[PDB]
Structure formats: structure tokens, C-alpha cells
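The model below depicts Transthyretin holding CHF5074.
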Amino acid sequence: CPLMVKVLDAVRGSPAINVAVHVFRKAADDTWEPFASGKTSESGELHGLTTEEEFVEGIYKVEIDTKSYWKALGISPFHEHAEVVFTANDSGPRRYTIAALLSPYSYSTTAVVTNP
Amino acid sequence: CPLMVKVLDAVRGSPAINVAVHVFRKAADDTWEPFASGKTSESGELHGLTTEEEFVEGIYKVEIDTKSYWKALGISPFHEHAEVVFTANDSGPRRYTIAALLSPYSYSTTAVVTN
Amino acid sequence: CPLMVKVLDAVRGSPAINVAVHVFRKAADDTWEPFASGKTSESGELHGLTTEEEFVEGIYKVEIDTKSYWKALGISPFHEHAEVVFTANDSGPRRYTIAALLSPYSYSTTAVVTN
Amino acid sequence: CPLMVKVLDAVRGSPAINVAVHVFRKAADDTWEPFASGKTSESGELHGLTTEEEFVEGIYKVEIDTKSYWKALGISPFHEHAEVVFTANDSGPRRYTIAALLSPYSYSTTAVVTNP
Ligand SMILES: O=C(O)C1(c2ccc(-c3ccc(Cl)c(Cl)c3)c(F)c2)CC1
Ligand SMILES: O=C(O)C1(c2ccc(-c3ccc(Cl)c(Cl)c3)c(F)c2)CC1
């Protein structure tokens, strides 16, 4: 699992469950090509997005669908989504965890990058 | 001044000075069209991006060029840029401040929407 | 104005208005002695806490009464208060802004220390 | 494990290893009585602070020793520590995770509170 996403809710004090996440990878022509997608579990974690083979060097965008998540809970939030855009694997394969904490009008994200 | 951007630096404990910020509006074909841009001041603020008449309802993206900011300070950064994407809705209050706190592997952003 | 406090609300997307803030200085016996206090303004800011002559080097605690703030809004909060504890050191720049972003189960704080 | 602490470093993109944490509990007389302490592991996590029996109702302060952590890495940070003060177990036993993300001049903390 070289790409994981963990999301917490700062209003409820809970994992953020059933949050949709789409990952895109910048293509040869400079567009955002769909790469992987999935949704957070009961623990707020999203595993199994990709594999070591498929997760090659590139510029990736991890879009966390915070508006969808908040609307589902009956709340009108500010942002459309939270975006995390970064170059990956440019020194060889790393494992990345993108952690996010969500409020209706704010989010924070950080990355944990490990070398297996 | 319906739209202001204010950026802080969590490593130096200072405003984030001379950071490029580009704002885009989402066009009818779902592409992002340039809307306004500038560099943050000594106080980490960017005023004067737009006028009331120009800032209509719509989806906007504020891209903050964090990677060049950290490289100019000799610090190795994780992100290509930071992006804040939101709907401007006239039912809400009328003045939008997008605020961001930058670290090399992290950022936080919040909106302050007032009258 | 060597010391300013600015507080934002991540749930409402607004300044955090009428929040009580107490500042303490650490005494020689390691107890916290009252130093300054006030309530944030409509803009979420608290100016005028102290003067240059009064604000000496030392360890300070800024306690932000978040629990009463969230209860007055009818929201159930996690924390008793938020606390920011730091050393004021004259070798650094001279003006300290403590900024905080509040949520019911979370808060972030950063320092902006400038000349 | 009803009380856990997880700490990330926003400068390195890593767990924050070997971070000291002291927990205090407000006593009958209104002082802060030492309750438990420990340090984060290689994963940035601190387990085994307390037990279900000992972690009773009360007002707790979790002090994360961020100044010590940064000084050990050769960095002069702003804060003495990060403090998380909250009432616990006042509706019966819950499990709490206090998550923190640290920068030299900033920190963020959130709580995840679960009902076993
Ligand atoms: O296993 C992890 O990585 C978990 C975690 C999830 C989120 C956070 C965290 C805590 C604070 C902030 Cl501001 C952000 Cl962006 C992320 C954290 F510190 C830890 C505990 C869920
Ligand atoms: O005028 C404002 O709004 C300023 C400001 C700029 C940024 C922040 C801020 C502080 C903490 C976090 Cl996590 C975030 Cl996203 C933003 C803040 F609280 C305040 C103080 C300069």
C-alpha cells in the first residue's frame, strides 16, 4: 500500500467515514488523468488505492470530496474539495499517507512519507 | 475588496512574504480561467485582487505557489502548490478572506466570510 | 502593542467574537500569575493587552476560553480551554501575534513574530 | 488502551518520534496531579499510558513536550509545549486519541473519541 489517506472530523471528534477520494496523475499532455479512487472506511482510512507497480513517478493530485461528505451530514460547507498536489517517487518508491482534518469552513492536511 | 488572501509561515513564525497567488474561475466547459493574481505583501496579505462588480457567484480556485516560496528560503517542500476551491454564494456574507498556514509537508486553510 | 491575539472559527467561517482570553506570566515559584485579559472584538482580535514596558522576557500562558464560546453558540465542545504557552525572548522580533483557529474537537495555533 | 497520543512532524513529513508526553488530572483541591507519562514510538504513537480502571472521570491535561522534541533536533521553537485540556468519561468510559501535528512555530491538535 504505497498511497493511503486518513481523514478525521474536527466537529464530531471522529474519523470522517465514507469520504470519497479521487486521485489524478498529470499526463504527458499536462492534463489530470484519473488514477485511482475510493472511500474512507469506518476508521476514516482509505487503503488499496494503488500498487507499487502502478504508482510510478509523477505529479499526483489527491482530491478529498469534503463538500460531498459535509452535505451528506446535512451541513453546507465552504470548500468544494480539499486538494493535495505533490511529486511522488522521484527518489525511488516511497509510501505516502495523506492525513486530513476537516471542519465546515477549514481543513488541514499533512503528509507522512516513509522509505520502506 | 470582496476577496483577500492572507498567508502565514509555521516554520519561521512570520507572514509568508512574496508568495505568488493565482485565482481562477470555473468556466462553462469546466476549465479554470485566470481571474486575478498578485504576490503577498510584507504582512503576508494580498489585497486588491478583484472588485465587487467583477466577483460574481461561481466556483473559484486560489492557487498558492508554496513550492517556490519554500525553495526561495532553501527549504525542501512536499507540495507543488496549495489550492483552495470554493463556491462564492451571494446568500452568505459579502467579504471573503482565504487564510492559509504553511509548513513544508502540511498546510491548513480556513475561510473568514463577513459583512 | 507587543502582544495581540486573533481567533477564528472554523465551523461558522468567521472571526471568533467575544471570546475571553486570559494571559498569565510564570512567577519565580512556578505558579501562573495573571498578566492581562480581555475579550476578542468583532474582528476576532484582542489588542491593548499590554505595553512594551510591562511585557518582559519570561514564560507566558495565553488561555482562550473556548468552552464558553462554543456553549454560547449551542455547540458541544471537547476542550476546557485552549492554552498557548511560550517564551518571550528579546533576541527575536518584537511584536507577538498569537493566532488560533477553533473547532469543537480541535484547534490550531501559530505565532507571527515580527518587527 | 483508553488514552492514546499520535504525533506527526509537518517539517519532515514523518511521525514525530520520541516526543515526551505528560498527562495530569485535576485533583480535589484544584491542582494538576501527575497521572501518566510516556514517549512516542517510531510510528509517532504512545500507547499504554493508562488502563480502563485507572482512567476515571475527571479533567485531564495532556502536555506534549514540543520544545524538548524540537531542541533535540537542533531547532529553537516557539512554544514550551502543546496542551490539550478536556473533561473525560463524564458519560461513561470512552477511548480518546489525541492527534497532534507540529511545526516550529505552530501546532494543531484534534481528538478522536470512540465508544467501545
Ligand atoms: O494514524 C494516523 O495518522 C491518524 C492521524 C490522522 C490525522 C492526524 C492529524 C492531526 C492534526 C492535523 Cl492538523 C492533521 Cl492534518 C492530521 C494525525 F496527527 C494522526 C491517527 C489517525
Ligand atoms: O488577519 C488574519 O486573519 C490573520 C491570520 C492568518 C492566518 C490564520 C490562521 C491560523 C491558524 C490556521 Cl490553522 C490557519 Cl488556516 C490560519 C489566522 F488565524 C489569522 C492574522 C493575520
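Each chain gets a letter, A, B and so on, in the order its sequence line appears, and its residues count up from 1. All heavy atoms count here, side chains included; hydrogens, waters and symmetry mates do not. Every number for a ligand or one of its atoms is a count from 1 in the order of the listing.
Chains with a heavy atom under 4.0 Å from CHF5074 (ligand 1): A, D. Taking all heavy atoms of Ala10(A), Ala111(D), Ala99(D) into account, the minimum distance to atom 10 (C) of CHF5074 (ligand 1) is reached by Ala99(D).
In chain A, CHF5074 (ligand 1) lies within 4.0 Å of these UniProt L-thyroxine-binding residues, judged by heavy atoms: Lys6(A), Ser108(A). Residue contact check: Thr109(A) has heavy atoms under 4.0 Å from atoms 15 (Cl) of CHF5074 (ligand 1). Here is the list of CHF5074 (ligand 1) atoms found below 4.0 Å of a heavy atom in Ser108(A): 13 (Cl), 15 (Cl).
Protein heavy atoms are found inside the 4.0 Å sphere centred on atom 17 (C) of CHF5074 (ligand 1). Closest protein heavy atom to atom 6 (C) of CHF5074 (ligand 1): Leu8(A) CD1, 3.4 Å. Close contacts between CHF5074 (ligand 1) and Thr110(A) involve ligand atoms 15 (Cl) [criterion: under 4.0 Å to a heavy atom]. Near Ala100(D), with a cut-off below 4.0 Å to any heavy atom, the atoms of CHF5074 (ligand 1) are 18 (F). Summary of contacts: the protein heavy atom closest to atom 12 (C) of CHF5074 (ligand 1) is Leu101(D) CD2, 3.8 Å. As stated in the entry, the source of chain A is Homo sapiens.
When only non-hydrogen protein atoms are considered, atom 20 (C) of CHF5074 (ligand 1) lies nearest to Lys6(A) NZ, 3.5 Å.
At 4.0 Å, heavy atom to atom, the residues around CHF5074 (ligand 1) are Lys6(A), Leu8(A), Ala99(A), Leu101(A), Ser108(A), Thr109(A), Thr110(A), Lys6(D), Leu8(D), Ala99(D), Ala100(D), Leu101(D), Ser108(D).
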When you check CHF5074 (ligand 1) against the protein, what N or O pairs turn up below 3.5 Å? List the atom names and distances, or just say none.
{"unit_1": "CHF5074 (ligand 1)", "atom_1": "1 (O)", "unit_2": "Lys6(A)", "atom_2": "NZ", "d": "3.1"}
{"unit_1": "CHF5074 (ligand 1)", "atom_1": "1 (O)", "unit_2": "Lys6(D)", "atom_2": "NZ", "d": "2.5"}
{"unit_1": "CHF5074 (ligand 1)", "atom_1": "3 (O)", "unit_2": "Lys6(D)", "atom_2": "NZ", "d": "3.4"}

